[PDB]
Structures are given as C-alpha cells and as structure tokens.
Amino acid sequence: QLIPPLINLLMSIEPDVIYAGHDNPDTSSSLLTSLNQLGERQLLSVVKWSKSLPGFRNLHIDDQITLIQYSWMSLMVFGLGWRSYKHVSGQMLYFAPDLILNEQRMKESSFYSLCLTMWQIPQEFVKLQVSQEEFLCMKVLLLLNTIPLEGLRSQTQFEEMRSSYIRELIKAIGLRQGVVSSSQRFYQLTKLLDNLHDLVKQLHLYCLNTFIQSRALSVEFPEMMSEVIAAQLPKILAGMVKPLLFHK
Ligand SMILES: C#C[C@]1(O)CC[C@H]2[C@@H]3CCC4=CC(=O)CC[C@@H]4[C@H]3CC[C@@]21C
C-alpha cells in the first residue's frame, strides 16, 4: 500500500538467518575459521539472493559474477552492521546468532582494530536511524558500486539498474522524510555508501593477509571463499577497478 512493491520484494528475498556452526573456548585461529565458515555460507546466500534481485539476472553472466566477486566483502560487512543494529543496538557485532562478539572476545590487537573499523557501520545506522527500506535499497547499490576499469559487457543495462535502485532509495527515504530534509537524507545515505569503499579496503587487506598466512596461522578457508579471494582480491587491492562514487 504505502510501501513500494520493489521494496516489499526486496524484503521478501532477504536470506533467512545464517548460523556460523560455531560450537563455543575459541583461539584466534578457531575464531577466524569460524568467521570464514560463516563467510562461505553467506557467499552462497548472496549468490542465491542475486538470482531473485530484480534486474540482476539480465546482466551478462560474466558481469554478474564479477559484481558478486567485487562486492561480497562489502555486502557481508553491511549485513553485519544491520544485524548488530537490529539485535544488539549496535553495541556488539552480531555475525550470526551463534557468533556474537563483544570486546572481551576481541583479544588480538589486529582483530580488535578490524572490529573497530567494522563497528562504524552499525554506529552510523544507530545515529541516522536507518530504516529497513533504506537499508535494502542501499544494499543493492553496494552490489552495484564497483565495476572493471574497462566497464562491464552489459554497461547500459547496469546503468539502468543502478538508476532504478537510486530512484527506489529516494522512495524509501520519502516514506519517513520534506523536500529539503529528504534531499539532505539522500546525501547522508549516499555518502555512507561512498565511505564504505575506504572501510572495505581494510577488510580486504586483512583477509588477503590471513589467506596467504592461513597454513601458518592454522586458519581454514573454505572453497568458495578461497576462489573469490584468489580471483579478485589482489587486483581490487591494487586499485585495478573502478569504485563508483555519489559525491566527489
Ligand atoms: C577476520 C577476518 C576477515 O579475514 C577480514 C574481514 C572478515 C569478514 C568481515 C565481514 C563478515 C561478516 C559476516 O557476517 C560473515 C563473515 C565476514 C568476515 C569473514 C572473515 C574476514 C574476511
């Protein structure tokens, strides 16, 4: 009625809750393994989600693959941010119902520092009071927020898709937001998206370091996650992609 049909569809295709399969006393290595196992399960969920996301299946299959490989980390941390905001008021990192971390569980300095970086998202969600409708449109824009330096095969269709979801984000903002306030809120949400490129860079570096050192660290990386990391992370970290920005 009052909620636009595409937003209602986005709510209906959200994945169901995903467990890490964590058994909970962790070591640094067991915790990292558990996080990678959860990552493997979420990656599957992302791909299934993509198959139902209006517009995405109409891009060339190579372009679909490329976009999933470029955005998976961003989608994972954005979803972590939503779940932390919804379930624990942004005050713990709710990776899964069986893997919720508070400060006590963040021993190693490097991992704590990474968690402080991830924590900026749920903090911003709390501050701006992001709604489920906003979040769902923002999440699609994230899937569509980086492309190859030479563009996609389906560039035209891609651009149309991105425009449609930007229009839908404006509808989402209009559900609660005035013409000026609604403009200012658009700015605020699209700047959050721009700022995620820098944030995810830290997560990409940490993951690739952990992956290269995995045998030494006694950390296991499952096959699907290992493939996305080997297929694109070094290239992404090297800057050999084109991040899309809403502001400059
Ligand atoms: C620890 C670690 C890392 O190597 C760096 C960021 C991490 C991720 C952060 C975002 C994330 C959120 C999830 O809810 C599933 C699990 C992943 C993470 C899996 C492990 C990663 C890739």
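Numbering of chain A is taken from the PDB entry, so the residues present carry the numbers 682-705, 708-860, 862-932, in order. Numbering of ligands and ligand atoms starts at 1, following listing order. Going by what the header records, the deposited coordinates were determined by X-ray crystallography, 1.5 Å.
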Help me out - what's the drug at ligand 1 named?
norethindrone
Hey, quick one: which chain has the most contacts with norethindrone in this structure? I'd like the name as UniProt has it.
Progesterone receptor
Can you list the atoms of norethindrone that are under 4.0 Å from a heavy atom of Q725?
13 (C), 14 (O), 15 (C)
Against heavy atoms of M801, which atoms of norethindrone measure under 4.0 Å?
9 (C)
Any atoms of norethindrone less than 4.0 Å from a non-hydrogen atom of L715? List them with their elements.
1 (C)
Decide whether an N or O pair under 3.5 Å exists between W755 and norethindrone.
no
Flag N719 as yes when one of its N or O atoms lies below 3.5 Å from any N or O atom of norethindrone, and as no otherwise.
no
Per the deposit, which organism was chain A derived from?
Homo sapiens
Counting contact residues of chain A for norethindrone domain by domain in UniProt, which domain has the most?
NR LBD
Distance filter under 4.0 Å to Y890 heavy atoms, resulting norethindrone atoms
1 (C), 2 (C), 4 (O), 5 (C)
Which atoms of norethindrone have any heavy atom of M759 under 4.0 Å away?
11 (C), 12 (C)
Considering only heavy atoms of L718, which atoms of norethindrone have at least one such atom less than 4.0 Å away?
1 (C), 16 (C), 19 (C)
With heavy-atom distances below 4.0 Å as the criterion, list the atoms of norethindrone near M909.
22 (C)
